[PDB]
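Co-structure: aciclovir and Bromodomain-containing protein 2.
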Amino acid sequence: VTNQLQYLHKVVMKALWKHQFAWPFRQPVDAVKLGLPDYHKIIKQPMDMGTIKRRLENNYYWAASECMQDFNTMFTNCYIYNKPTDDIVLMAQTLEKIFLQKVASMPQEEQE
Amino acid sequence: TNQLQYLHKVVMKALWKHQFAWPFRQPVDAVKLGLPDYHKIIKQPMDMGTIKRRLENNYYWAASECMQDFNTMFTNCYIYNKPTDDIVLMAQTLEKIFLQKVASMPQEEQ
Ligand SMILES: Nc1nc2c(ncn2COCCO)c(=O)[nH]1
Ligand SMILES: Nc1nc2c(ncn2COCCO)c(=O)[nH]1
């Protein structure tokens, strides 16, 4: 497995998964459960930490950059769809700041 | 530091020249662009011109802190604009390059 995907699993996902703001992102947006009949109109590429976490457990990723894009798509989905004033937006912002400051310490290069 | 230099000369380099970069090279001008609610909604304006100047003037103490400014700039765009505005596509494209360039950053400190 890659040095960088190992960092993404054990440092980034470990931090973000147990975070007190993580729960709205731990599973796919369920448009029916949440009452969002336009969600899949607006968000064409849904993403969530459950999917990323399993994808790290199943070595589905080839490069770290593609794990990073899933994280980024997840947060971007949230800012695009939700209202500027929704608490979910500031939860995503808080989680994204951690993702970014962890990524600033990720190795370079590749392995495996 | 080595990482700030990389963010200056590799990351900011690539993004500045990009064909979608022009809305992001200078602060949003809410009055010229016709957006009287822009500052009611975005409380932390940010833009690559401000980030470039801060890197030239040694404003940043750490890499993560310049990376946060890049993120704020993109997030502002996503939060303020309608999902279908082209500028959202432009920010996503730029942000993807940003993440990919950041993954190859020297891991140290300097
Ligand atoms: N579904 C749901 N779970 C929550 C809420 N607050 C905390 N949790 C549990 O997740 C926190 C991590 O254990 C909440 O408001 N709703
Ligand atoms: N109430 C609540 N909002 C959520 C949840 N998951 C997603 N959202 C709404 O944000 C969608 C952004 O892509 C969740 O389980 N709790």
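Each chain is given a letter, A onward, matching its sequence line's place in the list. Chain A residue numbers are taken from the PDB entry; in order, the displayed residues are 75-186. We number chain B the way the PDB entry does; in order, the residues shown are 76-185. Read the numbers this way: they start at 1 and go in the same order the structure lists the ligands and their atoms.
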Q. Which other chain letters have a heavy atom less than 4.0 Å from aciclovir (ligand 2)?
A. A
Q. What residues, by chain and number, sit within 4.0 Å of aciclovir (ligand 2) when only non-hydrogen atoms are counted?
A. A:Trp97, A:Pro98, A:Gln101, A:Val103, A:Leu108, A:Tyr113, A:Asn151, A:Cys152, A:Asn156, A:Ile162
Q: For atom 3 (N) of aciclovir (ligand 2), grab the closest protein heavy atom and report residue, atom and distance to one decimal in Å.
A: A:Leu108 CD2, 3.8 Å
Q | UniProt domain count leader: chain A with aciclovir (ligand 2) | A | Bromo 1
Q) Considering only heavy atoms, which residues of chain A annotated by UniProt as protein-binding lie under 4.0 Å from aciclovir (ligand 2)? A) A:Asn156
Q: Considering heavy atoms of the protein only, find what lies nearest to atom 16 (N) of aciclovir (ligand 2) and give residue, atom and distance to 0.1 Å.
A: A:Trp97 CZ3, 3.1 Å
Q.
Taking 4.0 angstrom as the limit and counting only heavy atoms of A:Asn151, give me the atoms of aciclovir (ligand 2) inside it, by number and element.
A. 13 (O)
**Q.** For A:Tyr113, atoms of aciclovir (ligand 2) separated by under 4.0 Å from a heavy atom
**A.** 11 (C), 12 (C), 13 (O)
Q: Write out the residue and atom name of the closest protein heavy atom to atom 12 (C) of aciclovir (ligand 2), then the distance separating them to 0.1 Å.
A: A:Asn156 OD1, 3.1 Å
Q. Would one find an N or O of A:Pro98, backbone or side chain, under 3.5 Å from an N or O of aciclovir (ligand 2)?
A. yes
